[PDB]
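Each remark here refers to the structure printed beneath this line.
Numbering of chain A is taken from the PDB entry, so the residues present carry the numbers 5-182, in order. All heavy atoms count here, side chains included; hydrogens, waters and symmetry mates do not. Every number for a ligand or one of its atoms is a count from 1 in the order of the listing.
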Amino acid sequence: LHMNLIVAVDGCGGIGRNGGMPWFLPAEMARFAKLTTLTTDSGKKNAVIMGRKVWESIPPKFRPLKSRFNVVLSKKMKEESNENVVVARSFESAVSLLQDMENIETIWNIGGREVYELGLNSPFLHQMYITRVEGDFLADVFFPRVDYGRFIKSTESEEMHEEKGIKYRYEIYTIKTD
Ligand SMILES: NC(=O)c1ccc[n+]([C@@H]2O[C@H](COP(=O)([O-])OP(=O)(O)OC[C@H]3O[C@@H](n4cnc5c(N)ncnc54)[C@H](OP(=O)(O)O)[C@@H]3O)[C@@H](O)[C@H]2O)c1
Ligand SMILES: CN(Cc1cnc2nc(N)nc(N)c2n1)c1ccc(C(=O)N[C@@H](CCC(=O)O)C(=O)O)cc1
């Protein structure tokens, strides 16, 4: 059972501004949905684990994230009536429930700085799929401080991408104990 982190950070390490995203990148978001949705074993599902403010920053039409199992960490949210969503009061309990479910193939840590930090300290930590966006978007939330020395960066050829006047590039990292 793998836990991969997926994030889009800017030149300063920013991920959030004013409770929302500092940018909108539809092609990047499409790649995000593909990476987080597609499983190898047909019929098996992925799980996304997110913090409450991520959940609330998703457009409610796209919410819950379709074809995935949503786990929202929150100490304040009421239980979610929907079946593809569960509210988990702690990281450890969320990870316990996920490793308990048989049909979950890969757990995608999709955001919340604290969610990211707890994942980075997790035994299930596998890969980081980072989208390095160029420039300073005046973010107020950031990605955790991470020791990249624990990781091996994939060497595949990664071109630059540009949409909406914004440039960015994909990077992949794998924990060195694999
Ligand atoms: N650029 C990106 O790739 C990216 C990735 C994700 C999000 N974002 C942006 O980043 C910002 C949100 O990230 P955030 O870090 O500010 O808020 P968040 O982490 O998304 O959600 C924070 C909330 O999650 C809950 N939570 C987190 N860890 C928990 C734990 N261990 N146990 C229990 N509850 C826990 C708490 O909810 P309660 O307050 O209800 O306890 C906490 O207040 C938004 O702007 C979002 O759009 C961007
Ligand atoms: C605010 N937020 C958090 C968020 C945004 N961008 C990211 N970008 C990356 N690279 N990684 C992340 N974890 C990430 N997280 C959002 C907002 C909307 C949707 C969303 O609606 N996704 C659709 C896909 C949207 C699309 O196809 O354009 C899906 O079904 O997955 C996801 C995350």
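Of the candidates pemetrexed, tolvaptan, mitoxantrone, methotrexate, belumosudil, what sits at ligand 2 is methotrexate. In this structure the chain with most contacts to methotrexate is the one the PDB entry names dihydrofolate reductase. Taking only nitrogen or oxygen atoms, main chain and side chain alike, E32 reaches within less than 3.5 Å of methotrexate. Closest heavy-atom approach to atom 20 (C) of methotrexate among the candidates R136, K38, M33, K57: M33.
Those atoms of methotrexate that come under 4.0 Å of a heavy atom in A37, given as number and element, are 24 (C), 29 (C), 31 (O). Of the candidates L39, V13, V11, it is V11 that places a heavy atom closest to atom 11 (N) of methotrexate. For methotrexate, the atoms lying closer than 4.0 Å to a non-hydrogen atom of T135 are 10 (N).
Listed by number with element, the atoms of methotrexate under 4.0 angstrom from any heavy atom of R72 are 29 (C), 30 (O), 31 (O).
By the 3.5 Å distance cut-off applied to N or O atoms, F36 is not counted among the residues near methotrexate. Taking a cut-off of under 4.0 Å to the non-hydrogen atoms of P63, the atoms of methotrexate that pass are 18 (C). Lab note: no covalent bond from methotrexate to a chain. The shell of residues lying under 4.0 angstrom from methotrexate, judged by heavy atoms, includes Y120. Residue-ligand proximity: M54 is placed with every non-hydrogen atom at 4.0 Å or more from methotrexate. Taking 4.0 Å as the limit, the other ligands and ions near methotrexate are ligand 1 (NADP nicotinamide-adenine-dinucleotide phosphate). In this structure, the binding site of methotrexate at 4.0 Å (heavy atoms) is formed by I10, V11, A12, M25, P30, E32, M33, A34, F36, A37, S61, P63, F66, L69, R72, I114, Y120, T135.
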